[PDB]
Q: 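Submitted below is the structure of interest, expressed as structure tokens.
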Amino acid sequence: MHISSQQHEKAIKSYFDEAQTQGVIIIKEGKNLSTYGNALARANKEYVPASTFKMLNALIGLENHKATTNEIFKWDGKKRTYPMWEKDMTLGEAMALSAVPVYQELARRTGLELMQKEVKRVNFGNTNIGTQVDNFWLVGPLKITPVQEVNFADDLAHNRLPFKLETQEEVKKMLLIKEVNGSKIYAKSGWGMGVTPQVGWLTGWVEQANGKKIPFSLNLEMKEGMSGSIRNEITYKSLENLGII
Ligand SMILES: *C(=O)[C@@H]([C@@H]1N=C(C(=O)O)[C@@H](S[C@@H]2CN[C@H](CNS(N)(=O)=O)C2)[C@@H]1C)[C@@H](C)O
């Protein structure tokens, strides 16, 4: 192409600078990792996965028959942080709304012993879930780097995780968040509010019209004041700058 790598790096860094945060976005083309943003050293640092863990929670629950894709988890009628959570939903709907109460129910059905075994089996992050089955992805001890998240997304996009093909396909259908002139973006967002500083994620992949999958993981510091949509806006501007969408 004609745009210098200096120009691309400067543009993407500026997206993070303009949002007044510190962050990175890692892109993988084939086996090659590229790191962009205004805080590149974040790439190999560990953070809690927060709601990004719902991807793996869903795979484990479906694989081990703790839920089906059409099962409706009923709202128990207790007040929730967000009104959109106060309703009955499938795993797929709960994935789109990041409804942690539904995924806490799923984690409790899986149980600590099986959860620890499966997280170990998948080799996810530091693989440490500790003794509380319903919050380990939110406040620790489970942590993962942006590099590990992009490689997770790569494995899921390519059906390479150690679950049935059908399990992987059912979860990937839950993750479609955007369609852009023939490209589809699959991703899960994360906003870890139970740690300091607070971490923001958007981890996923672009499926281009020709079938090629380009995984990415954005990771940044969320600060009170910020809108969740900054995660998507930075990601889309970055993939667009590089010509991926
Ligand atoms: C996951 O990381 C946390 C969860 N993820 C969120 C996200 O934005 O990534 C939020 S909740 C999400 C934003 N608002 C939607 C509901 N809308 S409404 N109109 O307010 O009912 C859902 C949240 C912090 C999770 C671990 O808590």
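Following the PDB entry, chain A residues are numbered 31-275, in order. Whatever order the structure lists ligands and atoms in, that order sets their numbers, starting from 1. Per deposition record, X-ray crystallography, 1.9 Å.
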Q: Which protein or nucleic acid chain has the most heavy atoms near ligand 1, under its name in the PDB entry?
A: Beta-lactamase
Q: Help me out - what's the drug at ligand 1 named?
A: doripenem (bound form)
Q: Atom 2 (O) of doripenem (bound form): which protein heavy atom is closest, and how many Å away?
A: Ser81 OG, 2.3 Å
Q: Counting each atom of doripenem (bound form) from 1 as listed, which ones have a heavy atom of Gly220 under 4.0 Å away?
A: 2 (O), 9 (O)
Q: For doripenem (bound form), which atoms have a heavy atom of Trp221 less than 4.0 angstrom away?
A: 1 (C), 2 (O), 3 (C), 24 (C)
Q: Looking at this entry, which organism is chain A from?
A: Acinetobacter baumannii
Q: Only heavy atoms of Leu168, strictly under 4.0 Å: list the atoms of doripenem (bound form) that pass.
A: 26 (C)
Q: For atom 27 (O) of doripenem (bound form), which protein heavy atom lies nearest, and how many Å away is it?
A: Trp115 CH2, 3.8 Å
Q: Please list, in number order, the atoms of doripenem (bound form) under 4.0 Å from a heavy atom of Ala80.
A: 2 (O)
Q: If you have a sec, work out which protein heavy atom is nearest atom 10 (C) of doripenem (bound form) and how many Å separate them, to one decimal?
A: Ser128 CB, 4.4 Å
Q: Any nitrogen or oxygen of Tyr112, side chain or backbone, less than 3.5 Å from one on doripenem (bound form)?
A: no
Q: Identify the closest protein heavy atom to atom 24 (C) of doripenem (bound form): which residue and atom is it, and at what distance?
A: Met223 CE, 3.6 Å
Q: Return the closest protein heavy atom for atom 9 (O) of doripenem (bound form) as residue, atom name and distance.
A: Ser219 OG, 2.6 Å
Q: In the protein, which heavy atom is nearest to atom 18 (S) of doripenem (bound form), and how far is it?
A: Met114 CG, 2.6 Å
Q: For atom 7 (C) of doripenem (bound form), grab the closest protein heavy atom and report residue, atom and distance to one decimal in Å.
A: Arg261 NH2, 3.5 Å
